[PDB]
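The sequence lines fix the lettering, A, B, ..., with proteins before strands; numbering per chain opens at 1. Both counts, for ligands and for their atoms, begin at 1 and track the order of listing. Partial entry shown, contacts counted within.
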Amino acid sequence: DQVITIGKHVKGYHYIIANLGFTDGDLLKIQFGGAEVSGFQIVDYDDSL
Amino acid sequence: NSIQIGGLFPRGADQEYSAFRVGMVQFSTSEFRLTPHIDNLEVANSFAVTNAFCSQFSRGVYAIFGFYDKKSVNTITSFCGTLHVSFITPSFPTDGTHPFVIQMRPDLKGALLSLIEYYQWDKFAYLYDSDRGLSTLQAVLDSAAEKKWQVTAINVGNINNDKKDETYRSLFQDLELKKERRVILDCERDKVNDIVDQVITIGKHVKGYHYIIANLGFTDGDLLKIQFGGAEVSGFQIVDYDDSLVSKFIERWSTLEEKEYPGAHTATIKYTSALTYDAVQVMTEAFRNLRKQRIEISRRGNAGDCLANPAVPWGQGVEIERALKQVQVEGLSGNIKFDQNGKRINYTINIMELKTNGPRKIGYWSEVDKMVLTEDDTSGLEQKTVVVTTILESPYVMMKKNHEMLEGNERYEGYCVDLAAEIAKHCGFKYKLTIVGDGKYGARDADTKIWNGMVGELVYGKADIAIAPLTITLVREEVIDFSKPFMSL
Amino acid sequence: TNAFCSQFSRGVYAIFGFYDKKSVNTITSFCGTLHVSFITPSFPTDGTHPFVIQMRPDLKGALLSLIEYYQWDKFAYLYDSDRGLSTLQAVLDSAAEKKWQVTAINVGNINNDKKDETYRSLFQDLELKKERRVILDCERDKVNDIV
Ligand SMILES: O=c1[nH]c2cc(C(F)(F)F)c(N3CCOCC3)cc2n(CP(=O)(O)O)c1=O
């Protein structure tokens, strides 16, 4: 949220959410900005269990 | 002495109805009375406007205070035009000369054209709103020919409430492919809050993208979203809170209830609501000035058949209308002074910006004098123009042949001048040439120890650099720190 | 409004009639509420007003297809604001995409003493920018006055 209000999610600013469960947050805020945000998950939903 | 007035408030107007219900009593002297018959309705539907115009014609009011929209401005001004029933409103500043209809909203259409010339634009995009009319679109296109603009007017007022997210993004992605880093947003309040959110999510509020919220009441929105981005967002207000009547009013306003006046506790008033307070001031100052000249405006059991064939007046006509169009009150908008038509003369639309601190004011637009820049001129913030002290000795800096034609830092030319222009690019600064008085490159005096010439001005205080032929010697290296040499003579 | 209720005081079943842009909102609201079908050879309304039967079909698309056949980007779209701005709103939205440079002048509200001054101020203020591709957009009475 404080990246967005000061406008640091435009094209260029790469991020790495180093937290094990990357999609557990509110990613539909910087998804459409233009900043490549990588991440880490363990519970990959495209699987059997 | 208890004059019956109508008043057609919309179905979704709460704060607007508040400042009517507020301004009714805290303005009224108990002599007169302003008995309403307020009818709420969906004003985009000329059917219900027609019923409620004749319902308040059946009861025989002397003025109606309604809000029209695009799809009903041709209904209100037509019925009021023929049946002579006076009408006062803060809605659209009507295209043309409709009689008996008092516009209290100021005419924005001139203030937008003045502002752009101050920023000197040519390359807008003019996202506008279809439902709020197009009279401003035919003032920045009709006047785009003369001043060579390249308006890229995109209608955004037809956007569905499910395809909102997709279309506004595809809107600016289209404007990005044309590289339009200037938008002159034109909508009403709730579409400005929906655009500013969709500007942020796609990250178009960084440094560069100027905006102009062309809406009369710039601070009525949610500006603490793009305040800290970096995008200069100008604007327009009429209720300037740094004044007498507003500050008195806002103290009363901020103390009000949550359920007696809905949406009143907030310390900012909507301009639609704000003019409504200034309306009630006009809506009796005429009528009490009317009682100063003894005009009995009274009537009878007026037939509730507006659609009478033939259609006669209500009697007396212009007698009300003369009173309304002479009222010079002072309200919380400025000098409310009308004309023979119903448009406001001599108001004070004041141009704002949006700095990091908050919504700063930078002066005003007002019919007589176009754009007054009454701003803090103490915001200089300069990069002080250093006194480059220089001797005059060719093939270095020499005086050009047109030596009495131009002035300042273009007069001199030579080796030092092209050196100064080249050193200024790297050491980034600004500079203004200065020839020393006596000559005398450098000399410490015999006993008084007063330096001479360019050393005398570099040492003491009246210089910042000495781009000139000074020989690096020992007795000038102590007091002045040289640069590594640019020429080995 | 007078005549519509005079027709409603006879209980008519189809109303033929014309409407300007100053009466479009009165009719399509009345015929939408009081469900009386209204047949009209006037400019079609923007939007989706029910119970009006419009028969001047649509110019809005044909004007956009004719320009593409001539391949323009240098118009001078002189419009008359007495028939709906709905066509101007089309060749400004479609002026974004196809890279056009419309210079839309209101040639509408102009009285008769300035008819030999405003137009002779008008075309010179197109010739000074060298516009050669005017898209005159008026009803017949105003077209012959420009021509
Ligand atoms: O720092 C110094 N730089 C100087 C630079 C020059 C020039 F060549 F013009 F650049 C001259 N000139 C030599 C020829 O006659 C005209 C003046 C004198 C300079 N002097 C006085 P100096 O003691 O005689 O050297 C300085 O002190």
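- The molecule at ligand 1, chosen from SNS-314, R-warfarin, ZK200775, is ZK200775.
- Counting heavy-atom pairs under 4.5 Å, the chain with the most contacts to ZK200775 (ligand 1) is listed in UniProt as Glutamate receptor 2.
- With a cut-off of 4.0 Å on heavy atoms, the other chains touching ZK200775 (ligand 1) are B.
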